[PDB]
Asker: 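Structure in structure tokens, see below.
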Amino acid sequence: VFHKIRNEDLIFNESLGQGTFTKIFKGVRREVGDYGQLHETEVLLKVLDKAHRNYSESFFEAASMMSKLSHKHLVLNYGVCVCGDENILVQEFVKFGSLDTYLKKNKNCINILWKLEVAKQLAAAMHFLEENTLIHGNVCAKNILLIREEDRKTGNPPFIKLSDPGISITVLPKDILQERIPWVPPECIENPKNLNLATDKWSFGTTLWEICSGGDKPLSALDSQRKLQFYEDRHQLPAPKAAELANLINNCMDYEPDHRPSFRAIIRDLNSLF
Ligand SMILES: NC(=O)Nc1cc(-c2cccc(F)c2)sc1C(=O)N[C@H]1CCCNC1
């Protein structure tokens with residue numbers, strides 16, 4: 001199902017961080033492109049920790065998810081590297097990296113109309129998954145990649161893409177899920193089998209909170225057991241200073257999954273701002 005790329009066509013360079021049970025690297029891919037021309041393509045190389053190769057089917061399923069469909073806001077997958085004892089995804093390389101990084105570093109420079117722009121693009125991506133009845137399962141600012149930055153001359157907005165969700169929370173071990181509170185919904189903490197489309201509405205609300213808070217991670221001062229108890233007492237996240245989106249956030253982060261608004265409704269809400 002995955003296109004096969006030979007290890008000798010791939011150079012592994014700098015380390016770009018890690019995900020849950022994964023390492024990610026900037027790489028270079030030599031390939032034949034349109035019109036027969038040879039190219040050196042920057043790629044993202046994503047390697048599943050060999051200590052955790054038992055999650056490999058989830059690893060590769062989460063990727064084929066993003067390539068079932070084609071959409072302008074979904075990161076492209078190029079294939080899998082065929083090299084022996086290893087599990088390596090080859091993906092589009094996004095130059096400006098993760099949204100959470102970019103929010104922390106540019107906290108000052110971001111205004112309400114940049115949040116709103118990014119928030120809209122994300123909602124358009126989620127709307128598109130919605131219509132296809134496709135669950136992402138791991139919406140968060142770190143899984144949003146900045147294709148391009150705002151341009152203060154052309155007035156052109158940033159453009160973001162959504163990364164694949166990684167190993168699924170249906171198989172991940174319980175303390176990973178609990179540390180992912182409050183991106184993981186209450187119903188999924190209670191039972192990961194409760195993964196639904198309404199999962200992504202909650203996480204979207206958490207991601208909007210991240211976007212309005214300049215790289216702050218919600219509930220970060222709270223250890224695991226307190227995160228759990230936050231959900232027992234049915235608390236809501238604090239209103240972000242930039243508070244234009246607090247009501248939308250709370251509306252998405254509804255403890256009742258069936259009451260979370262559709263992304264069509266969310267987009268209307270976002271489009272009704274001055
Ligand atoms: N495709 C691509 O460029 N990805 C990509 C590019 C990143 C990046 C790009 C430029 C500079 C830099 F420091 C990092 S980070 C990242 C990524 O996908 N990170 C994972 C880590 C944890 C959760 N899943 C997101």
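Residue indices begin at 1 and follow the sequence shown. One-based numbering, in listed order, for ligands and for the atoms of each.
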Asker: Hey, which of AZD7762, BTA9881, FYX-051, VX-745, MK 1903 is sitting at ligand 1?
Answerer: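 At ligand 1, it's AZD7762.
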Asker: Tell me which macromolecule has the most close contacts with AZD7762, using the naming in the PDB entry.
Answerer: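 Most heavy-atom pairs under 4.5 Å are with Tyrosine-protein kinase JAK2.
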Asker: Look at atom 7 (C) of AZD7762 and say which protein heavy atom is nearest, naming residue and atom and giving the distance to 0.1 Å.
Answerer: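 Answer for atom 7 (C) of AZD7762: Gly97 CA, 3.7 Å.
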Asker: Quick one: look up the protein heavy atom nearest atom 5 (C) of AZD7762 and list residue, atom name and how far away it is.
Answerer: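 Answer for atom 5 (C) of AZD7762: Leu44 CD1, 3.6 Å.
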Asker: Counting only heavy atoms closer than 4.0 Å, does AZD7762 sit against the backbone of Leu145, its side chain, both, or neither?
Answerer: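 The side chain, only.
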Asker: Can you tell me the protein heavy atom closest to atom 3 (O) of AZD7762 and the distance?
Answerer: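 For this ligand atom, the closest protein heavy atom is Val94 N, 2.7 Å.
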Asker: Who's closest to atom 16 (C) of AZD7762 heavy-atom-wise, of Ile24, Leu16, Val75, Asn143?
Answerer: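 It is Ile24 whose heavy atom sits nearest to atom 16 (C) of AZD7762.
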Asker: Yes or no: does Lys95 have any heavy atom under 4.0 Å from an atom of AZD7762?
Answerer: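 Right, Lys95 reaches AZD7762.
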Asker: Run the numbers for me: atoms of AZD7762, each under 4.0 Å from some heavy atom of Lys142, listed by number.
Answerer: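 Selected atoms, number and element: 25 (C).
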Asker: May I ask whether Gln18 places a heavy atom under 4.0 Å from AZD7762?
Answerer: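 Judged by the 4.0 Å heavy-atom criterion, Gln18 does count as contacting AZD7762.
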Asker: Under 3.5 Å between any N/O of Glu92 and any N/O of AZD7762: does that happen in this structure?
Answerer: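 Yes: some nitrogen or oxygen of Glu92 is under 3.5 Å from one in AZD7762.
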Asker: Identify the organism of origin of chain A according to the PDB entry.
Answerer: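 The PDB lists Homo sapiens.
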Asker: Define the binding site of AZD7762 at 4.0 Å using heavy atoms, by chain and number.
Answerer: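 Non-hydrogen contacts come from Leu16, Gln18, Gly19, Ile24, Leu44, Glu92, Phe93, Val94, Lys95, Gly97, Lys142, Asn143, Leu145.
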